[PDB]
Participant: 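Once you've had a glance at the structure underneath, I'll fire off some questions.
Numbers in chain A come straight from the PDB entry, and the residues shown are 1-159, in order. When reading the values below, keep in mind they use all heavy atoms of this one structure, side chains included, and skip hydrogens, waters and symmetry mates. Remember, it's 1-based here, ligands and their atoms both numbered in the order they're listed.
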Amino acid sequence: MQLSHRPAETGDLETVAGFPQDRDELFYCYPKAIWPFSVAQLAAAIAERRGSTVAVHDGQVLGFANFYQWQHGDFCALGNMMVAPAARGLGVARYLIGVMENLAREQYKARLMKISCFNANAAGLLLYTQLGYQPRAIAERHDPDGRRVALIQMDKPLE
Ligand SMILES: CO[C@@]1(NC(=O)CSCC#N)C(=O)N2C(C(=O)O)=C(CSc3nnnn3C)CS[C@@H]21
């Protein structure tokens, strides 16, 4: 996979908003969103957040991420990670995580990245583990059905 990155642009929003395939996938990456996802919801997040970035391969936008918390000299928290359904498990998330780590270090002088992952997303938990993130706490949250879920709060020093 040859991959590149650039800041997200308005022209990318229809594409990226197409990435979540079901209510679960949307909840794992943007729990405040309501199904069905839309460009308006995506743009609302982008406006409130920082560092919205896309990953590109062979002319296709395949991934997106941003920060929902950022604290200069301290840490950032990574969210809205979305990957195109045809490109799952091909290293797009791993690549974007690395890009966002660099951006947190370089731009925000962060010493730490925080990643919070919902308990049902095994693939996320195992990826973040492979990338050196360790679990620190578990917090209660609720899903759209009012069911209790566990948010596993992980972090990694940036160096
Ligand atoms: C403020 O904190 C968040 N919200 C909550 O705790 C509330 S929940 C119940 C509701 N509604 C936030 O906003 N978060 C996000 C996100 O990006 O929207 C995520 C998604 S985490 C994620 N997505 N892709 N990669 N990653 C790491 C994990 S909960 C965390």
Participant: Could you tell me which of tamsulosin, toremifene, cefmetazole shows up at ligand 1?
Facilitator: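 Among those options, cefmetazole.
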Participant: I'd love to know the main binding partner of cefmetazole (ligand 1) in this entry - how is it named in the PDB entry?
Facilitator: Uncharacterized protein
Participant: According to the entry, what is the source organism of chain A?
Facilitator: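 The organism in the entry is Pseudomonas aeruginosa.
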Participant: Counting only heavy atoms closer than 4.0 Å, does cefmetazole (ligand 1) sit against the backbone of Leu78, its side chain, both, or neither?
Facilitator: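 The backbone, only.
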Participant: Suppose we measure from atom 2 (O) of cefmetazole (ligand 1) to each protein heavy atom; which comes out shortest, and what is that distance?
Facilitator: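 For atom 2 (O) of cefmetazole (ligand 1), the nearest protein heavy atom comes out as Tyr68 CE1, 3.3 Å.
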Participant: In terms of residue, atom name and distance, what is the protein heavy atom nearest to atom 24 (N) of cefmetazole (ligand 1)?
Facilitator: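 Of the protein heavy atoms, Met81 N, 2.8 Å lies nearest.
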Participant: Which residue owns the protein heavy atom closest to atom 20 (C) of cefmetazole (ligand 1), what's the atom, and how far is it?
Facilitator: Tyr28 O, 3.3 Å
Participant: Looking only at heavy atoms of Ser116, does any of them come nearer than 4.0 Å to an atom of cefmetazole (ligand 1)?
Facilitator: yes
Participant: Applying a heavy-atom cut-off of 4.0 Å, say which part of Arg141 lies close to cefmetazole (ligand 1): side chain, backbone, both or neither.
Facilitator: side chain
Participant: At under 4.0 Å between heavy atoms, which part of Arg49 makes contact with cefmetazole (ligand 1): side chain, backbone, both or neither?
Facilitator: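 Side chain only.
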Participant: For cefmetazole (ligand 1), which residues in other chains have any heavy atom nearer than 4.0 Å?
Facilitator: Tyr28, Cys29, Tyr30, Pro31, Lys32, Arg49, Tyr68, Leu78, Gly79, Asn80, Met81, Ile115, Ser116, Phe118, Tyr128, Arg141, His142, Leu151
